[PDB]
Amino acid sequence: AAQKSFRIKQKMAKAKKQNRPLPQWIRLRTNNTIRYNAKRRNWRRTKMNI
Amino acid sequence: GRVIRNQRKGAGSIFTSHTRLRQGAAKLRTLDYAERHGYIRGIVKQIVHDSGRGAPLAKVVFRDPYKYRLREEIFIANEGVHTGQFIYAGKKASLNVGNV
Amino acid sequence: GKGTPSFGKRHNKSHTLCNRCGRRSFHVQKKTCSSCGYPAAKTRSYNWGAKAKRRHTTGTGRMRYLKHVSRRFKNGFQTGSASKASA
Amino acid sequence: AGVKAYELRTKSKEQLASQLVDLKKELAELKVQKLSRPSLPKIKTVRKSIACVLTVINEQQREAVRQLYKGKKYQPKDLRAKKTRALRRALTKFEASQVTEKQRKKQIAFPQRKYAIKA
Amino acid sequence: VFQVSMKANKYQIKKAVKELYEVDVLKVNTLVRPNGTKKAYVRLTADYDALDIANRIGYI
RNA sequence: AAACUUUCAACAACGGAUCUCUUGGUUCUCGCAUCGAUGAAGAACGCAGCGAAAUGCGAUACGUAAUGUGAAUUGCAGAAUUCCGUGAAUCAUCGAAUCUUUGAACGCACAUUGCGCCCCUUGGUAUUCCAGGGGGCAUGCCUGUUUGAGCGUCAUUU
RNA sequence: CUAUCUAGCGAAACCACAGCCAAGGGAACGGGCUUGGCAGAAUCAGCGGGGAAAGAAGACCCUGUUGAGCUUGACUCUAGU
RNA sequence: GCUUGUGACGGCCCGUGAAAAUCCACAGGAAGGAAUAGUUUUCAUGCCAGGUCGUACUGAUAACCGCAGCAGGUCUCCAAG
RNA sequence: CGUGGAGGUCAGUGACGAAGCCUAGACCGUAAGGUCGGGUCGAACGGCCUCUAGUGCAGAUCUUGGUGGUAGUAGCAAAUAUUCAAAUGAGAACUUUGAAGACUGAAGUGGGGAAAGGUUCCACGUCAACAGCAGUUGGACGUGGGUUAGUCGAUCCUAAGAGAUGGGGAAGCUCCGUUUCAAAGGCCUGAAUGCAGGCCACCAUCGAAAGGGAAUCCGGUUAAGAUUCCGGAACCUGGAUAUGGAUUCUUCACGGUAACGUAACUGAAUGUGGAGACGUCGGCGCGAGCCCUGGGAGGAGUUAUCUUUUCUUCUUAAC
RNA sequence: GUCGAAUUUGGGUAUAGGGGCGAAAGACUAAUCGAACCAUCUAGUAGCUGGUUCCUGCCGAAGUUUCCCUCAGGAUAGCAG
RNA sequence: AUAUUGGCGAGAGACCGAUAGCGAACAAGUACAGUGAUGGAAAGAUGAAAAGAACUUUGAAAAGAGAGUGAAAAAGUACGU
RNA sequence: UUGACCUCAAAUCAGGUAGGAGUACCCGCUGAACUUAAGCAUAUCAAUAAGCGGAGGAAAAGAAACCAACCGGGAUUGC
Ligand SMILES: NC[C@@H]1O[C@H](O[C@H]2[C@@H](O)[C@H](O[C@@H]3[C@@H](O)[C@H](N)C[C@H](N)[C@H]3O[C@H]3O[C@H](CO)[C@@H](O)[C@H](O)[C@H]3N)O[C@@H]2CO)[C@H](N)[C@@H](O)[C@@H]1O
Ligand SMILES: NC[C@@H]1O[C@H](O[C@H]2[C@@H](O)[C@H](O[C@@H]3[C@@H](O)[C@H](N)C[C@H](N)[C@H]3O[C@H]3O[C@H](CO)[C@@H](O)[C@H](O)[C@H]3N)O[C@@H]2CO)[C@H](N)[C@@H](O)[C@@H]1O
Ligand SMILES: NC[C@@H]1O[C@H](O[C@H]2[C@@H](O)[C@H](O[C@@H]3[C@@H](O)[C@H](N)C[C@H](N)[C@H]3O[C@H]3O[C@H](CO)[C@@H](O)[C@H](O)[C@H]3N)O[C@@H]2CO)[C@H](N)[C@@H](O)[C@@H]1O
Ligand SMILES: NC[C@@H]1O[C@H](O[C@H]2[C@@H](O)[C@H](O[C@@H]3[C@@H](O)[C@H](N)C[C@H](N)[C@H]3O[C@H]3O[C@H](CO)[C@@H](O)[C@H](O)[C@H]3N)O[C@@H]2CO)[C@H](N)[C@@H](O)[C@@H]1O
Ligand SMILES: NC[C@@H]1O[C@H](O[C@H]2[C@@H](O)[C@H](O[C@@H]3[C@@H](O)[C@H](N)C[C@H](N)[C@H]3O[C@H]3O[C@H](CO)[C@@H](O)[C@H](O)[C@H]3N)O[C@@H]2CO)[C@H](N)[C@@H](O)[C@@H]1O
Ligand SMILES: NC[C@@H]1O[C@H](O[C@H]2[C@@H](O)[C@H](O[C@@H]3[C@@H](O)[C@H](N)C[C@H](N)[C@H]3O[C@H]3O[C@H](CO)[C@@H](O)[C@H](O)[C@H]3N)O[C@@H]2CO)[C@H](N)[C@@H](O)[C@@H]1O
Ligand SMILES: [Mg+2]
Ligand SMILES: [Mg+2]
Ligand SMILES: [Mg+2]
Ligand SMILES: [Mg+2]
Ligand SMILES: [Mg+2]
Ligand SMILES: [Mg+2]
Ligand SMILES: [Mg+2]
Ligand SMILES: [Mg+2]
Ligand SMILES: [Mg+2]
Ligand SMILES: [Mg+2]
Ligand SMILES: [Mg+2]
Ligand SMILES: [Mg+2]
Ligand SMILES: [Mg+2]
Ligand SMILES: [Mg+2]
Ligand SMILES: [Mg+2]
Ligand SMILES: [Mg+2]
Ligand SMILES: [Mg+2]
Ligand SMILES: [Mg+2]
Ligand SMILES: [Mg+2]
Ligand SMILES: [Mg+2]
Ligand SMILES: [Mg+2]
Ligand SMILES: [Mg+2]
Ligand SMILES: [Mg+2]
Ligand SMILES: [Mg+2]
Ligand SMILES: [Mg+2]
Ligand SMILES: [Mg+2]
Ligand SMILES: [Mg+2]
Ligand SMILES: [Mg+2]
Ligand SMILES: [Mg+2]
Ligand SMILES: [Mg+2]
Ligand SMILES: [Mg+2]
Ligand SMILES: [Mg+2]
Ligand SMILES: [Mg+2]
Ligand SMILES: [Mg+2]
Ligand SMILES: [Mg+2]
Ligand SMILES: [Mg+2]
Ligand SMILES: [Mg+2]
Ligand SMILES: [Mg+2]
Ligand SMILES: [Mg+2]
Ligand SMILES: [Mg+2]
Ligand SMILES: [Mg+2]
Ligand SMILES: [Mg+2]
Ligand SMILES: [Mg+2]
Ligand SMILES: [Mg+2]
Ligand SMILES: [Mg+2]
Ligand SMILES: [Mg+2]
Ligand SMILES: [Mg+2]
Ligand SMILES: [Mg+2]
Ligand SMILES: [Mg+2]
Ligand SMILES: [Mg+2]
Ligand SMILES: [Mg+2]
Ligand SMILES: [Mg+2]
Ligand SMILES: [Mg+2]
Ligand SMILES: [Mg+2]
Ligand SMILES: [Mg+2]
Ligand SMILES: [Mg+2]
Ligand SMILES: [Mg+2]
Ligand SMILES: [Mg+2]
Ligand SMILES: [Mg+2]
Ligand SMILES: [Mg+2]
Ligand SMILES: [Mg+2]
Ligand SMILES: [Mg+2]
Ligand SMILES: [Mg+2]
Ligand SMILES: [Mg+2]
Ligand SMILES: [Mg+2]
Ligand SMILES: [Mg+2]
Ligand SMILES: [Mg+2]
Ligand SMILES: [Mg+2]
Ligand SMILES: [Mg+2]
Ligand SMILES: [Mg+2]
Ligand SMILES: [Mg+2]
Ligand SMILES: [Mg+2]
Ligand SMILES: [Mg+2]
Ligand SMILES: [Mg+2]
Ligand SMILES: [Mg+2]
Ligand SMILES: [Mg+2]
Ligand SMILES: [Mg+2]
Ligand SMILES: [Mg+2]
Ligand SMILES: [Mg+2]
Ligand SMILES: [Mg+2]
Ligand SMILES: [Mg+2]
Ligand SMILES: [Mg+2]
Ligand SMILES: [Mg+2]
Ligand SMILES: [Mg+2]
Ligand SMILES: [Mg+2]
Ligand SMILES: [Mg+2]
Ligand SMILES: [Mg+2]
Ligand SMILES: [Mg+2]
Ligand SMILES: [Mg+2]
Ligand SMILES: [Mg+2]
Ligand SMILES: [Mg+2]
Ligand SMILES: [Mg+2]
Ligand SMILES: [Mg+2]
Ligand SMILES: [Mg+2]
Ligand SMILES: [Mg+2]
Ligand SMILES: [Mg+2]
Ligand SMILES: [Mg+2]
Ligand SMILES: [Mg+2]
Ligand SMILES: [Mg+2]
Ligand SMILES: [Mg+2]
Ligand SMILES: [Mg+2]
Ligand SMILES: [Mg+2]
Ligand SMILES: [Mg+2]
Ligand SMILES: [Mg+2]
Ligand SMILES: [Mg+2]
Ligand SMILES: [Mg+2]
Ligand SMILES: [Mg+2]
Ligand SMILES: [Mg+2]
Ligand SMILES: [Mg+2]
Ligand SMILES: [Mg+2]
Ligand SMILES: [Mg+2]
Ligand SMILES: [Mg+2]
Ligand SMILES: [Mg+2]
Ligand SMILES: [Mg+2]
Ligand SMILES: [Mg+2]
Ligand SMILES: [Mg+2]
Ligand SMILES: [Mg+2]
Ligand SMILES: [Mg+2]
Ligand SMILES: [Mg+2]
Ligand SMILES: [Mg+2]
Ligand SMILES: [Mg+2]
Ligand SMILES: [Mg+2]
Ligand SMILES: [Mg+2]
Ligand SMILES: [Mg+2]
Ligand SMILES: [Mg+2]
Ligand SMILES: [Mg+2]
Ligand SMILES: [Mg+2]
Ligand SMILES: [Mg+2]
Ligand SMILES: [Mg+2]
Ligand SMILES: [Mg+2]
Ligand SMILES: [Mg+2]
Ligand SMILES: [Mg+2]
Ligand SMILES: [Mg+2]
Ligand SMILES: [Mg+2]
Ligand SMILES: [Mg+2]
Ligand SMILES: [Mg+2]
Ligand SMILES: [Mg+2]
Ligand SMILES: [Mg+2]
Ligand SMILES: [Mg+2]
Ligand SMILES: [Mg+2]
Ligand SMILES: [Mg+2]
Ligand SMILES: [Mg+2]
Ligand SMILES: [Mg+2]
Ligand SMILES: [Mg+2]
Ligand SMILES: [Mg+2]
Ligand SMILES: [Mg+2]
Ligand SMILES: [Mg+2]
Ligand SMILES: [Mg+2]
Ligand SMILES: [Mg+2]
Ligand SMILES: [Mg+2]
Ligand SMILES: [Mg+2]
Ligand SMILES: [Mg+2]
Ligand SMILES: [Mg+2]
Ligand SMILES: [Mg+2]
Ligand SMILES: [Mg+2]
Ligand SMILES: [Mg+2]
Ligand SMILES: [Mg+2]
Ligand SMILES: [Mg+2]
Ligand SMILES: [Mg+2]
Ligand SMILES: [Mg+2]
Ligand SMILES: [Mg+2]
Ligand SMILES: [Mg+2]
Ligand SMILES: [Mg+2]
Ligand SMILES: [Mg+2]
Ligand SMILES: [Mg+2]
Ligand SMILES: [Mg+2]
Ligand SMILES: [Mg+2]
Ligand SMILES: [Mg+2]
Ligand SMILES: [Mg+2]
Ligand SMILES: [Mg+2]
Ligand SMILES: [Mg+2]
Ligand SMILES: [Mg+2]
Ligand SMILES: [Mg+2]
Ligand SMILES: [Mg+2]
Ligand SMILES: [Mg+2]
Ligand SMILES: [Mg+2]
Ligand SMILES: [Mg+2]
Ligand SMILES: [Zn+2]
């Protein structure tokens, strides 16, 4: 939030890196369930809570 | 029932005294060898107003008997005490306004 | 305007992240974590809270040490190396 | 590929020190080519090798420090029994063994008698 | 421009930048990228060419 | 008479009942006795040639060593496939290590990647100042040690 | 500016079954029962007579050996004193 | 003329209107102090270095709160004819 | 009569088709129900004798899940307003550009920040979903790029306030307390480091991105960062410190009546003084920027007619 | 309505559920206040509403007696299988 | 000798059969809600095997129509019945 | 003057130990009300729930200041 505490920039940095679509190749794997990333996030929809 | 207003005051909280801008506490000089036997001299350096107190305070310097330093005291000005006057303090001290 | 208008005023956070438990339960003004209890010595738990318990108990975590203790007990807490087959 | 555990154990410390440094040189240079190419699976074996080199160098110095303390009463807590908190404060086989002089004679005067009953 | 240990201050950078690539480092400015990795802007003094030493490390 | 509506059939929709599946749950029994200041439980952030999870791990980071095993791993790639071999492997086993930032959590803090002090060592003229590296400084208590305090107190003074 | 008509988008209330009357008797004010009036597809804009319309297990009232806020020389206690 | 800063002042109170870090100064006279020399680093000039975290963008009839791209709510600076 | 399971038995049925399901098809039973054909189906299932229950639904404003009529209906009408053409595209009332018409009218629909969000910023790709019409556009989707400081903040200080410590309560989780009924230390010097000097000593710490406070400016630069980068010019703290200059034979400066002046001009313990450092209102003087404005030197608009015209450039940083 | 003060307001900070806080409305204490929100005791008790799942065959009632802090409930006798 | 809804390792049942059985047979104490304590889901089944529909054709495209695979497409990742 | 003693301190003195987690069972402390009584106060719920301190693999109890009153019996625990 503007001038931000490091811990929160760090916590931010995390959730940024883990918002991605599934890698396409995860769905070729033998015995594979996952079709899509079900934990995907968005700034408009769900808020992080710091 | 509820807890009536006059009970809530002993818990402090809202009802504590508003002390910020006050001068120090108004206290005499400590009772020591000086005042108990002879007297002592000090200048009332300024009188001045103490917040929430309607009785002006007089700030009296003294010289430390047992060390070389200045020691300031906070006295309640006695009506006719005045900046620059010499306050005398002790059993041997004279009988005059401002003296203890 | 006890409703929608008064909601627009909420920018301050009663709690930030609790160093110990990682929730946002750490009361900024109270300087005590709501969920975990930091910085009390003990960790917060209640018997009427049995669901809260099974959220935080052992094995909900990584067990980084404890998990291996059983194998190490299974055989004698072995000192030393392994002798191979040799010839 | 890369390094091997037994081969390293023969080489001297000061060689291992240099072993590392040119592995770091390589692994570093790997990460350069790595981003100019459609991946680079090769870099795995060198960063694993660095672990092995560093495991051995550790094995030596720990064993060496193990020697310097051999036989002494007080050894670094690093190198001690481990086992269990509760365990390692249990009485020693010696301490549990002790018996009052009154009893050691009673444990001699009339110690348990093996017997049987026929017919 | 180098990715750097998040644990490495501007001294450690300059010392290790000199030691590894054998160059004089004028000044060092470090930020932390959005992803949580430190980026260092390491300026080489006039005595060297940064593009040379760049593809002396083999990127160009 | 159409349209429309209603009822029935057929096919098509809608929806997921029913049937059959079951690496799950549930309950009974049997055996065993091992968490932590040697840093646990739990947390945070990281770690893969290409991963967001789950799982595993800790800058030696889906693992390093040891032991067994005897050729795979497999989504594509890659390899050295280093196969009569100290040797494949997301294998089994585990006795050796590593183990970031934490946490009873230990120099002090902690909505801060904030701030002191000691020791060793390296570089910048360098006992002092700056910097890199390495190891350090919590509490109560016990036993011991060394150093102290008290006209509480016995001797010696000379 | 709506409403209205159109393209596109597209909810909710409510719903035993339903929906024309007069009288009769009837739980003493019927859409249905009985006797009469009658009775012709499919519909649009309006309307506020009815649907004892919708909204919410009536708050009034009584009942309950059901409460709670409150008061007091009710019953029984109690911190302080 | 507008905004704004400063100089000199007048009035108001049974209201008389923060603290600490920090910095310079004075009184004092402990002390060191020269001749073929010893003095001063509050005068000039010259040498080297300064770590760590934050730094994007919205700040609102769309980027915060109010289930939402909600006619609501949310502190402040600049201000032309 | 019927359902899940259990012992026994038909050496029961079945991939040549079990179970289920669908049948305005058949038969049996008063009935619960039973049986058969046909279709669809894919791996199990039934008769009799017994055992056993989480054993039969239409309702409970029942539970969960799914679906209707209402109904292409209520609606999609606040915030003055749109129009022509091109480009792009399979596709344009909605995208881009041009033109025209307008609005907010600086107490703004302008230019920045605080809390808060957390990549929304920027660029390329791109339209299934979302943007209650649309979408070639997007704060969406996909892939990447991006936030550089000794001087701006934090960090330091203390505020209300919070909080360890000797301690005293409380069965205890814990309570009180912040200088208190405590043996509460950490500086500068010499002799490379201990003893001898010696002063001084009521007192952890947390608590302000609007309070206090060491110190930077202009110009240029990106798709996206800048008081941070680049170019130039500075300053502050911290070290080192040499030369110049100053002072002394009257050792620790000279001058002025004095207010005070000078490039410097020794100063321990200790004491003290000052700046930090502060309310509110009212006018009055002065400055800066803005406003208005003349000459002149450029550029621009209008010019049937009129206007020595209307608009616009003429700037100056901290140090 | 008020608009230079009992003015409006940011942030920091303090008071917590029989408690707080209240220029007093039982007001406010996170859309919650004549006792907050969360979990547990708890499947709280209910003489009171509501519901209570297959078929056939035979028999077949009571609203009365007495007692009851009994009158919407029981005990009791009667009717019934 | 006795206790044992925990820990570790086992063997079982006239138990439950995806609205059942633990809340969770699944990236389940997860997604999500709340300032907070806490609250807390949904969701198993193509086929023996992807053989996951080459190719032609209409279409801006999503797709349709041929045509192929297969025991079956009356199994086409909207997948057993 | 010098040497012990008692008491009481300090040290980053030399060696250690306590904390926290778990909590089905176990030893204690503390401690309800819903509820039943067809009302309700004792009583009941219950020496229970919640709260607190301490363990082990079991804990605890135990070799009798016991039980009995018998011709006596003989640590404790459990059925
Ligand atoms: N309660 C605050 C009290 O302030 C007192 O302090 C008094 C003074 O020491 C202090 O004076 C400050 C001075 O410290 C500071 N360094 C300079 C400042 N100008 C002075 O301020 C004071 O004097 C000036 C001039 O007379 C006035 O304009 C101003 O209103 C006044 N507060 O201000 C106070 C008088 O107003 C004492 N420290 C003590 O009694 C107490 O802390
Ligand atoms: N966001 C922090 C807090 O999370 C709380 O809830 C969190 C928990 O339920 C859960 O967090 C668990 C945590 O319980 C458990 N003890 C450890 C575990 N690793 C955490 O996991 C979480 O963290 C990861 C990593 O950032 C995230 O991907 C994700 O939020 C979640 N899986 O994830 C939730 C994330 O919101 C509350 N919602 C709230 O107090 C606050 O938002
Ligand atoms: N001082 C207590 C002793 O600390 C010892 O531990 C020593 C180290 O192992 C320990 O190091 C910690 C480490 O645990 C941790 N995981 C990483 C951390 N940076 C280190 O921290 C150490 O240095 C940092 C420097 O910033 C200090 O801030 C910190 O106070 C200090 N403990 O810190 C101690 C030295 O300061 C032992 N654990 C033990 O004997 C005892 O607890
Ligand atoms: N005070 C001396 C004079 O101050 C004048 O300026 C002063 C005034 O403008 C103004 O002073 C006002 C005064 O006007 C008015 N009549 C009285 C008021 N108390 C003063 O205020 C002053 O004193 C109060 C303490 O009383 C402080 O708290 C306050 O900060 C200070 N400004 O504040 C300035 C500083 O005191 C001029 N500088 C000059 O005429 C002269 O120096
Ligand atoms: N806004 C900035 C101002 O611009 C002004 O700029 C004016 C001058 O530069 C210049 O003045 C010229 C004059 O030199 C020349 N001899 C003739 C010319 N017509 C004048 O211009 C004139 O413009 C119009 C007349 O059309 C008048 O309204 C205006 O007052 C007058 N200056 O034309 C400008 C018109 O305003 C002034 N320089 C000065 O006030 C200031 O810089
Ligand atoms: N059209 C040529 C290619 O078809 C490919 O797709 C092939 C199939 O995957 C696709 O199958 C579709 C299916 O997607 C969709 N859900 C509908 C239907 N089940 C299938 O339909 C297909 O099979 C049926 C049966 O024989 C044919 O009659 C029909 O023509 C054909 N399109 O039909 C295509 C064959 O005609 C790819 N889409 C692409 O490579 C390209 O479009
Ligand atoms: Mg899944
Ligand atoms: Mg969340
Ligand atoms: Mg009360
Ligand atoms: Mg006070
Ligand atoms: Mg809300
Ligand atoms: Mg805030
Ligand atoms: Mg608060
Ligand atoms: Mg408190
Ligand atoms: Mg702590
Ligand atoms: Mg459990
Ligand atoms: Mg488990
Ligand atoms: Mg498990
Ligand atoms: Mg490990
Ligand atoms: Mg920085
Ligand atoms: Mg990046
Ligand atoms: Mg009809
Ligand atoms: Mg099957
Ligand atoms: Mg691999
Ligand atoms: Mg890549
Ligand atoms: Mg993980
Ligand atoms: Mg994996
Ligand atoms: Mg392969
Ligand atoms: Mg292959
Ligand atoms: Mg393995
Ligand atoms: Mg291992
Ligand atoms: Mg560790
Ligand atoms: Mg740590
Ligand atoms: Mg710490
Ligand atoms: Mg160090
Ligand atoms: Mg200790
Ligand atoms: Mg209408
Ligand atoms: Mg229409
Ligand atoms: Mg609507
Ligand atoms: Mg609704
Ligand atoms: Mg309605
Ligand atoms: Mg009706
Ligand atoms: Mg009539
Ligand atoms: Mg009638
Ligand atoms: Mg009538
Ligand atoms: Mg009628
Ligand atoms: Mg009716
Ligand atoms: Mg009819
Ligand atoms: Mg009839
Ligand atoms: Mg009729
Ligand atoms: Mg009639
Ligand atoms: Mg009507
Ligand atoms: Mg109606
Ligand atoms: Mg209503
Ligand atoms: Mg209503
Ligand atoms: Mg009612
Ligand atoms: Mg009601
Ligand atoms: Mg009412
Ligand atoms: Mg009544
Ligand atoms: Mg009654
Ligand atoms: Mg009552
Ligand atoms: Mg004017
Ligand atoms: Mg005041
Ligand atoms: Mg001064
Ligand atoms: Mg002087
Ligand atoms: Mg910036
Ligand atoms: Mg910015
Ligand atoms: Mg703005
Ligand atoms: Mg809005
Ligand atoms: Mg929002
Ligand atoms: Mg408005
Ligand atoms: Mg608004
Ligand atoms: Mg406002
Ligand atoms: Mg049966
Ligand atoms: Mg059953
Ligand atoms: Mg059977
Ligand atoms: Mg059978
Ligand atoms: Mg057969
Ligand atoms: Mg069947
Ligand atoms: Mg039929
Ligand atoms: Mg058939
Ligand atoms: Mg069919
Ligand atoms: Mg069949
Ligand atoms: Mg099958
Ligand atoms: Mg089969
Ligand atoms: Mg049957
Ligand atoms: Mg049932
Ligand atoms: Mg049913
Ligand atoms: Mg039904
Ligand atoms: Mg029904
Ligand atoms: Mg509907
Ligand atoms: Mg209809
Ligand atoms: Mg439509
Ligand atoms: Mg319409
Ligand atoms: Mg309307
Ligand atoms: Mg409008
Ligand atoms: Mg057009
Ligand atoms: Mg065109
Ligand atoms: Mg438009
Ligand atoms: Mg346009
Ligand atoms: Mg206008
Ligand atoms: Mg303004
Ligand atoms: Mg406004
Ligand atoms: Mg901006
Ligand atoms: Mg954008
Ligand atoms: Mg959208
Ligand atoms: Mg739309
Ligand atoms: Mg569309
Ligand atoms: Mg994007
Ligand atoms: Mg600054
Ligand atoms: Mg501070
Ligand atoms: Mg204080
Ligand atoms: Mg305290
Ligand atoms: Mg005291
Ligand atoms: Mg010493
Ligand atoms: Mg500040
Ligand atoms: Mg910008
Ligand atoms: Mg520059
Ligand atoms: Mg003024
Ligand atoms: Mg300046
Ligand atoms: Mg009025
Ligand atoms: Mg007025
Ligand atoms: Mg206020
Ligand atoms: Mg309570
Ligand atoms: Mg009460
Ligand atoms: Mg109280
Ligand atoms: Mg008020
Ligand atoms: Mg009232
Ligand atoms: Mg609410
Ligand atoms: Mg409320
Ligand atoms: Mg109300
Ligand atoms: Mg009430
Ligand atoms: Mg509440
Ligand atoms: Mg709530
Ligand atoms: Mg019940
Ligand atoms: Mg109960
Ligand atoms: Mg009952
Ligand atoms: Mg009744
Ligand atoms: Mg009676
Ligand atoms: Mg009734
Ligand atoms: Mg009877
Ligand atoms: Mg009979
Ligand atoms: Mg059990
Ligand atoms: Mg349990
Ligand atoms: Mg095994
Ligand atoms: Mg068995
Ligand atoms: Mg299912
Ligand atoms: Mg389920
Ligand atoms: Mg289902
Ligand atoms: Mg079911
Ligand atoms: Mg069942
Ligand atoms: Mg469930
Ligand atoms: Mg999910
Ligand atoms: Mg909740
Ligand atoms: Mg299925
Ligand atoms: Mg399968
Ligand atoms: Mg084509
Ligand atoms: Mg195209
Ligand atoms: Mg075909
Ligand atoms: Mg063929
Ligand atoms: Mg095919
Ligand atoms: Mg074929
Ligand atoms: Mg066949
Ligand atoms: Mg088939
Ligand atoms: Mg099929
Ligand atoms: Mg397919
Ligand atoms: Mg599909
Ligand atoms: Mg379907
Ligand atoms: Mg199907
Ligand atoms: Mg199947
Ligand atoms: Mg020690
Ligand atoms: Mg404990
Ligand atoms: Mg316990
Ligand atoms: Mg009762
Ligand atoms: Mg009762
Ligand atoms: Mg009662
Ligand atoms: Mg009792
Ligand atoms: Mg209990
Ligand atoms: Mg144990
Ligand atoms: Mg046992
Ligand atoms: Mg025992
Ligand atoms: Mg005895
Ligand atoms: Mg016995
Ligand atoms: Zn916590």
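In what follows, chains are A, B, ... by sequence order, proteins preceding strands, each numbered from 1. Below, all heavy atoms of this structure are taken into account, side chains as well, without hydrogens, waters or symmetry copies. Part of the entry, not all of it, is on display, and contacts are counted within that displayed part. Start at 1 and go down the list; that is how both ligands and their atoms are numbered.
Of all chains here, the one making more contacts with ligand 6 than any other appears in the PDB entry as 25S ribosomal RNA. The compound at ligand 6, a drug or drug candidate, is named paromomycin. Using a 4.0 Å cut-off on heavy atoms, the other chains next to paromomycin (ligand 6) are K. By the deposit information, the source of RNA chain K is Saccharomyces cerevisiae (strain ATCC 204508 / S288c).
Neighbours of paromomycin (ligand 6) under 4.0 Å (other ligands and ions): ligand 159 (magnesium ion).
Counting heavy atoms under 4.0 Å, the binding site of paromomycin (ligand 6) comprises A53(K), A54(K), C55(K), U56(K), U57(K), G64(K), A65(K), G66(K), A67(K), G68(K), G76(K).
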